[PDB]
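Proteins get letters first, then strands, A, B, ... in listed order; numbering begins at 1 in each. Determination method: X-ray crystallography, 2.2 Å.
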Amino acid sequence: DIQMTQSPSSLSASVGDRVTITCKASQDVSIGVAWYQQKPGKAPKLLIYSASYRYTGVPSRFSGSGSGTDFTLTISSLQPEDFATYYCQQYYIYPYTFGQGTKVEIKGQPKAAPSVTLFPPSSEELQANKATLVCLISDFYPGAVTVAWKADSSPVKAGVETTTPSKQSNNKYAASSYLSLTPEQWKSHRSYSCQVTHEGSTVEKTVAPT
Amino acid sequence: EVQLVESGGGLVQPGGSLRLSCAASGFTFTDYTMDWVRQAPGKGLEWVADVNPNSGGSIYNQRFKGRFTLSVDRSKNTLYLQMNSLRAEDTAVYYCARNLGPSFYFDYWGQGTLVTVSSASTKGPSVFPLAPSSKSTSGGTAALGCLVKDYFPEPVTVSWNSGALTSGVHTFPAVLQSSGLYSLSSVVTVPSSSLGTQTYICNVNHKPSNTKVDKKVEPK
């Protein structure tokens, strides 16, 4: 079929950088090419049509150029909100093929240590003969953490579920970890600990029964 | 304002059928061409089908011909996508979109609705209160919340006090457990563990199972 092949596949870039994304069509498509921006869990937004025409309300820092088989999207001055996945698309010829997207992710912003919030099982959960420890991690950058749990002083492996980090609306990151216990396990230790490591430093929270 | 509002998402068994709706407003329905576009979890975008609202004449991407049908209702400015014989690879966020004439770029999109095709059954969440505690946080403010436990599929929405409380609320993305069910949490930053005359109720809407839970959160 008709191929739209974006390059690179992902980019790390800093606020104020000029960024150039390429899109190669498998055959001459004239200027029948559009660019879209998409943020996690949101609909794509039309940026560029006819290869070089800014859509209404699109900021002037976004530009398209090219024709034939070679197309380009340029972001001249990367702002914090420009971080998202960019799609090219040829739109004249069935089935109106999208490129596979270029992920522009942020780099070089201020490092921040995670805030950690730890809750013990609720009295309602325990009465349903279940127990869940809840460890909520927010406001960290870069977006990587590891989480370990301890019963008293001993590492606990079983029953840990941890999310992948994801961007908050403030361009810092959030993540969650859950420890599943039986009520007897919960009651039989003096305390449990969530320990969150980020850039070699740890923030730990402890909680105790009753 | 042009708005495309889709509904009809949720879980369907393999071989099952599912019908999506796209209510269009803010523009002349018959002036434009209406589209479906889909996005598999973590994958690219794929145009699915289009229909001219005037004639009901539809064109389909080749993987969906005979399987999917589009229809419109002009009198209530609404577009449908009837999906049949669904399979696992059909699991995706489905968008409706709008285009003009022969050039199929999309200026307006719906919000997207997740269709999950799976052997498993829907399950409403068990919602538990997370009692206010000063010692719960690392940063010297107090916090309370709701644990939204063991539901399937995504999505769940959370608000507090029916949308009246927005300040200091943080709702975390779901984890998928090994059991195959999701859990998420929503936290509210508060002054202390004594709530006084403040009320805190978390409203958890799980459309896929037709379940809402409104959980009261109080001191231990």
*asked:* Would you happen to know which of gemtuzumab, pertuzumab, nivolumab is at chains A and B?
replied: pertuzumab
*Looking at the PDB entry, what's the name given to chain A?*
Light chain CLAMBDA
*PDB name of chain B*: PERTUZUMAB FAB Heavy chain
